[PDB]
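All chains are named by letter (A, B, ...) in the order of the sequence lines, taking the proteins before the strands, and each is independently numbered beginning at 1. FYI, side chains are in, hydrogens and waters are out, and symmetry mates aren't considered; it's all heavy atoms of this structure. This deposition comes from X-ray crystallography, 2.2 Å.
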Amino acid sequence: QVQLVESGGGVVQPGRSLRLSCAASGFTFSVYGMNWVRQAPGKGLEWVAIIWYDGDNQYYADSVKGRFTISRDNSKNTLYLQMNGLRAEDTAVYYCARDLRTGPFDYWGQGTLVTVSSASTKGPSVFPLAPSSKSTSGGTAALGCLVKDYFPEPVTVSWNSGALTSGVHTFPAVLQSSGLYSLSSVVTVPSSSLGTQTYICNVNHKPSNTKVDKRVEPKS
Amino acid sequence: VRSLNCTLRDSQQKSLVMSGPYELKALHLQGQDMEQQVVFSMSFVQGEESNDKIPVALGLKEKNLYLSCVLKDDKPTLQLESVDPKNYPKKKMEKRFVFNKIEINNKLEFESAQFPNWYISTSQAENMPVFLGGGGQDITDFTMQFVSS
Amino acid sequence: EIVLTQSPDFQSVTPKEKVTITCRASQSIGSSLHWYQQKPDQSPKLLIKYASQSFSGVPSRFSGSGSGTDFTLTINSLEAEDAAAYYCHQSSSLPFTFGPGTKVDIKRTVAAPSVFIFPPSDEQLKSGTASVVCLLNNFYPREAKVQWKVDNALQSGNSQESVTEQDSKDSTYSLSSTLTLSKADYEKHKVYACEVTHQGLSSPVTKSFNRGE
Ligand SMILES: [Cl-]
Ligand SMILES: [Cl-]
């Protein structure tokens with residue numbers, strides 16, 4: 001079957017360069033046009049570049065024109081993207097895609113994340129989002145964990161080591177002014193469970209090897 | 001203007017494909033790669049109905065392009081020209097886009113109506129561009145297959 | 001360059017509904033308009049090629065139509081798995097362009113958000129910065145308005161919102177609004193409130209706290 005596999009994404013400093021690869025199988029690679037399409041976090045798809053079947057021609061979007069170079073190697077069934085002058089705006093998941101007759105993008109790869117930042121690897125600070133003293137009898141209380149200032153993505157959050165799953169909402173990360181990520185994980189629980197049940201958020205940031213188990217208690 | 005959607009293969013069974021923004025190349029394709037063939041919209045234009053000749057225009061059905069013939073350095077040249085798809089096909093098509101479709105030896109020949117004795121041609125060699133040519137070693141004969149898919 | 005626009009930006013659909021979304025081109029593109037589906041943190045997939053032609057393996061419920069500048073994608077009886085972003089793309093001329101997309105979600109009964117406000121912890125402000133989190137929990141539709149009040153004064157450019165993806169069970173959204181202030185700025189004021197406006201609320205809901213009270 002048609003298979004496209006991208007590799008080469010990672011964290012890169014702005015102004016520096018990075019090479020993306022896309023290995024193809026299950027079709028005559030030498031007779032199909034190939035493309036790169038990118039998607040910045042929470043944004044629409046953006047076409048980056050095309051290379052015709054034989055590699056004697058290519059075309060770029062204005063946004064990448066001059067900074068990026070699309071190429072291929074038909075003997076290795078591989079598609080390339082050389083990125084130069086990378087900037088914060090270039091942070092995106094990069095997909096490789098085959099086109100049919102220079103028309104639709106009929107097969108897509110899984111995508112590779114390219115992170116463009118001057119930020120250093122950092123484990124997060126974990127603060128409690130304490131359940132309110134106003135939480136009434138037979139009602140619900142919300143509590144959580146503010147996971148702040150980490151780089152790069154991802155951090156993972158579980159509650160009571162994954163024992164508590166119903167009512168949990170771990171929010172997608174938001175990039176702050178500083179160039180660091182922040183998110184909160186919340187859980188709603190019975191207000192009557194606050195004294196008898198222990199609530200611990202388990203935060204894990206592998207890039208910095210930061211494991212934090214934070215107890216979330218009513219304030220006194 | 002009513003036209004017919006088709007693919008064209010030269011007399012050596014080489015298929016036609018896009019290789020650039022305004023370029024076609026002719027190469028042999030494996031059976032499973034038959035879908036790669038460029039889709040033409042052949043329209044019948046108002047003109048010279050001489051015995052064995054029929055005036056046609058060749059648009060690319062999936063692009064805002066038409067084949068046209070012009071001169072470059074005193075030389076008749078084939079090109080793919082950008083058009084506004086909403087105004088095409090025209091019954092009164094512009095002279096540059098007009099080809100005389102000739103039926104001979106159960107085959108098709110496309111002569112430029114702008115340049116007599118100049119035809120849509122391919123080379124014997126694999127993966128070379130489609131051009132205006134026509135002694136000589138250029139291939140000028142084609143077969144038309146209908147688009148079903 | 002050919003620009004593509006998509007309408008609406010967001011669509012709420014009850015499962016089994018026949019739904020239609022549009023794509024408009026800035027210039028005539030013949031039938032060279034393609035439709036893609038994209039689920040969050042998933043690779044896009046081709047649905048319809050050349051306006052109205054089927055693509056192998058795509059469920060028969062997906063249908064496309066249109067020519068020139070106006071194009072439509074029809075979902076003939078929406079299924080739960082169809083909540084996704086829908087993109088159109090044109091290949092008539094270079095450079096190739098995508099439309100901005102249509103996000104389709106699952107319609108359910110209006111659900112008011114459960115609002116909670118969280119002051120900054122003692123351990124946070126020790127390191128110099130204070131965070132005020134406003135939680136809107138389990139609401140429908142996605143549309144919610146959050147305004148921060150600091151001693152009955154409206155705040156601007158110091159808050160970041162985050163919204164979860166639609167829950168696969170209850171079809172609700174949850175949202176966090178995080179007000180960031182320096183330790184000093186936070187120590188200058190007493191009242192911190194977040195006002196929430198949603199279709200499920202007859203009158204907007206305010207959740208407040210007096211700093212250290
Ligand atoms: Cl073939
Ligand atoms: Cl179906």
Asker: Identify the macromolecule bound to chains A and C in this structure with the most contacts, using its name in the PDB entry.
Answerer: Interleukin-1 beta
Asker: Any chance you know which drug is at chains A and C?
Answerer: canakinumab
Asker: At 4.5 Å, heavy atoms only, which residues of chain B form the epitope of canakinumab (chains A and C)?
Answerer: B:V17, B:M18, B:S19, B:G20, B:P21, B:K25, B:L27, B:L29, B:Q30, B:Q32, B:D33, B:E35, B:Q36, B:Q37, B:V39, B:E62, B:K63, B:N64, B:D84, B:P85, B:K86, B:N127
Asker: Which residues of canakinumab (chains A and C), by chain and number, have any non-hydrogen atom less than 4.5 Å from chain B?
Answerer: A:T28, A:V31, A:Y32, A:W52, A:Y53, A:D54, A:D56, A:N57, A:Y59, A:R98, A:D99, A:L100, A:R101, A:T102, C:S28, C:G30, C:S32, C:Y50, C:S91, C:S92, C:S93, C:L94, C:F96
Asker: Which name has the entry assigned to chain C?
Answerer: Canakinumab Fab light-chain
